[PDB]
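First comes the structure, then the notes that go with it.
Labels below follow one simple rule: chain letters A, B, ... track the order of the sequence lines, proteins then strands, and each chain is numbered from 1. Both counts, for ligands and for their atoms, begin at 1 and track the order of listing. Heads up, header says this was done by X-ray crystallography, 2.8 Å. No hydrogens, no waters, no symmetry mates; every other heavy atom, side chains included, goes into these values.
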Protein chains: 2
Amino acid sequence: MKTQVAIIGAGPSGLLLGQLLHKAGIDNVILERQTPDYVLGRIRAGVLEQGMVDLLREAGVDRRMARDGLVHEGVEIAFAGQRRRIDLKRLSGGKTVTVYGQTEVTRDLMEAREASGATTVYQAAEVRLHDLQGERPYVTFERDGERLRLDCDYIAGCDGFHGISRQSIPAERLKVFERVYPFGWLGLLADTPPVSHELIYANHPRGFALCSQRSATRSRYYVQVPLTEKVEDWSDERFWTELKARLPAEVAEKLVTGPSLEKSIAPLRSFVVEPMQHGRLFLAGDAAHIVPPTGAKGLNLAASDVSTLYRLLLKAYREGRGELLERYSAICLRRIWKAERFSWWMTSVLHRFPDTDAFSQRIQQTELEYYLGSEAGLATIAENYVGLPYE
Amino acid sequence: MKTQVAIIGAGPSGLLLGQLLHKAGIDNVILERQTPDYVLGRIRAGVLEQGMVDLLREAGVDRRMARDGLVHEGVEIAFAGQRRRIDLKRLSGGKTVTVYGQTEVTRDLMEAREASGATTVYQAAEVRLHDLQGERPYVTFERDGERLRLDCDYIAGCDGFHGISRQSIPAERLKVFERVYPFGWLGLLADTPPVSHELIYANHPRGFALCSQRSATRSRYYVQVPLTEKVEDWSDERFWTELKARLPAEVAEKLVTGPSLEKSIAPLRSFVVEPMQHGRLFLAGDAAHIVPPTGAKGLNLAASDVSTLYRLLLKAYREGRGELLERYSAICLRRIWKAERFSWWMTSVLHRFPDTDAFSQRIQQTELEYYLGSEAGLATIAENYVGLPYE
Ligand SMILES: Cc1cc2nc3c(=O)[nH]c(=O)nc-3n(C[C@H](O)[C@H](O)[C@H](O)COP(=O)(O)OP(=O)(O)OC[C@H]3O[C@@H](n4cnc5c(N)ncnc54)[C@H](O)[C@@H]3O)c2cc1C
Ligand SMILES: Cc1cc2nc3c(=O)[nH]c(=O)nc-3n(C[C@H](O)[C@H](O)[C@H](O)COP(=O)(O)OP(=O)(O)OC[C@H]3O[C@@H](n4cnc5c(N)ncnc54)[C@H](O)[C@@H]3O)c2cc1C
Ligand SMILES: Nc1ccc(C(=O)O)c(O)c1
Ligand SMILES: Nc1ccc(C(=O)O)c(O)c1
């Protein structure tokens, strides 16, 4: 087989790129290692920047989101007794965020693709990239037990952190920057009414807690836990009890608990690779960078990369300007680092770090007090939170 | 002898408190360990917040400053090639800073005090504090070889970091927060025209550099150096060469070098003591806290404490409300921590730290890029720089 752009991975990155391209006439083929069900079983993200909301509209996949997603005009930070609300709409100059599960975005994109009849190969084993620097690179894989070959002009590596894409670029061409946090998040999905109409990020002496939702009858909650904890050690009871212990007494007494639908521990990490490309291979999403979940930038950075790629690929294809693809990394990395800086800040002010002397404790508390008390400070939170402009 | 308020130390803190009090009718006595010349030989600070500028006016000691001080409406940060100017006046909502040597402030205050005939004892040895919790505390010292006793109601410990005041409070009553930086500043005073009409703070791969002035024909420059360096290792030549190496090529080629008047290495440190008082002893200035020189807060925090003390002492004395002095620490510590947070930030973004992996390098560079590029960010720099409001 042969296509124009070969897409490795059917997560949000891959599908969104696949949909935008297909809609513009550029044929693509998506190769996915797993089964659709397995993909749709991932809970992950729930917060979308406005820029991605419009990208979805542009991908023609927004009916359901426009109906079921929730627009939020403010978020709440709770520290040392108090609860401060950041009015995102006025502080950002009219911008907001939309709460809509990542699983849903995926579901919607998967519906759109199946209906378009565009090619998608799930359960594509042993994917290998070949001739990344020739005029005709190719992808090989196994379906059942046959080794097939796919010829294409370009390859978009949207296969995530553990994908094959990043490993296919010679180590000596890539420079890596990485930070691992000494903690992880233990998340919990439940079919219960959320505790607040807006999200609550809480800094507490026992660690960070987060109160989120997926809908009016579905809540997503998280608590900071040591990397040494195994999820089977945390029964529902323990989770609710621990959560309640970290929240404002008034919030805690309004909490409607219940049995979990999903529960898991996601470790925190920062990771950026430079550059994000090699010959005819371009990296997008988690295949190129990882951010701690604290500032909700992961899914959102995926979207921005994909937006930049789709638009450089249009010009190269319809306008015959293939030289523009050389600046892909330059464009993406600017946004990536800004997002990384914000995610790192959010993470350092809300989480309780192990082995912290008194001075840094006081500085963390004061960072909160200053930023949440100054008009200029609240603005740095708001404009970053809703998402900095696409360039 | 007997007075009302006994002041330990004749640095800026002590003199300013002494002048404000004396002007209000409250008699004070200042005890200084050294000679006037020795005090006036210290170069230290050169940047004053507006709030202190007015305090000086209120102390009736502003003629010379109003004439020789310089009002600055902007400062410049130089990093990775570029030079960005922060317009302080518009970003802070009309506020500015005044450049005027600390040695001058001292000189002016020392003139004012000698003329008022108010008591001042230089070369006061072996100062000891007694009865800090009684209704009548007292100070003892030696002048020549006689052990004198001074009776007072209150004692203001304005004797700096190595003073006797802080050591006179039982260790178990004070909680300390401290951070020591793995570097120091090697400053240099010269009788040469400054390189810019505004200050230039520079982040460079060899370390931080700072371009300041005292007047139109007198410059003060600094370069970051390891704590292991001794000032006699740095000849003038080496300083100028090293400075020029860390500045923007266009700035460096405009530099008018010359022989030094003064040269010294000041180590960086953060330090806060809680609370700042004990019985009838109240700590002010460096006797209570230390900040890295990066954000120019030292002399400025001294002034704010002294302002709070003078005003609580008025009420207690003339208005008979001695209970108000119990809240002295609460009032001062709020400002102190905010100032400490800003000085720490300034220090972490402009200095090159030893043993920093690639990720933190990129975050330091991006912290600069974001703050110096966002309107909300420049504002957090400006409002903090000019000085947050006195409460
Ligand atoms: C475990 C985990 C937890 C997360 N949790 C959060 C969270 O709590 N909140 C939040 O805001 N963000 C979270 N994120 C980030 C967010 O979900 C991601 O940023 C987003 O999924 C990235 O989209 P993507 O398409 O780049 O990668 P992915 O969603 O990882 O999609 C990559 C796809 O690649 C396919 N694939 C992988 N390797 C191969 C291969 N060699 N061959 C073919 N196909 C391959 C995979 O099966 C997967 O379908 C999480 C990410 C991870 C990995
Ligand atoms: C070495 C040094 C370098 C500094 N450099 C900078 C700089 O480069 N830039 C900047 O912005 N800020 C700098 N500062 C900070 C700024 O100068 C101080 O914040 C300011 O001097 C503090 O005023 P003060 O009156 O509290 O203390 P000081 O100026 O230290 O005055 C305290 C006085 O106490 C007297 N004294 C001490 N112990 C006794 C005792 N037991 N008995 C009686 N009298 C006593 C001392 O002789 C001194 O006169 C520096 C401070 C220090 C200590
Ligand atoms: N920072 C955030 C905010 C919300 C969620 C969420 O899952 O709803 C998250 O995973 C991270
Ligand atoms: N941060 C600053 C700014 C100016 C000076 C100065 O001495 O002029 C300083 O010592 C520190």
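Choosing among cyromazine, aminosalicylic acid, methimazole, one finds at ligand 4 the drug aminosalicylic acid. Tallying contacts with aminosalicylic acid (ligand 4), the largest count belongs to the chain named in the PDB entry as P-hydroxybenzoate hydroxylase. Other chains, heavy atom under 4.0 Å from aminosalicylic acid (ligand 4): B. Counting only heavy atoms, aminosalicylic acid (ligand 4) sits under 4.0 Å from the following UniProt FAD-binding residues in chain B: B:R44, B:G46, B:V47.
In this structure, the other ligands and ions lying under 4.0 Å from aminosalicylic acid (ligand 4) are ligand 2 (flavin-adenine dinucleotide). Result for chain B: of the UniProt substrate-binding residues, aminosalicylic acid (ligand 4) comes within 4.0 Å (heavy atoms) of B:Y201, B:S212, B:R214, B:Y222, B:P293. Heavy atoms within 4.0 Å of aminosalicylic acid (ligand 4) belong to B:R44, B:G46, B:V47, B:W185, B:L199, B:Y201, B:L210, B:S212, B:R214, B:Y222, B:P293, B:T294, B:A296.
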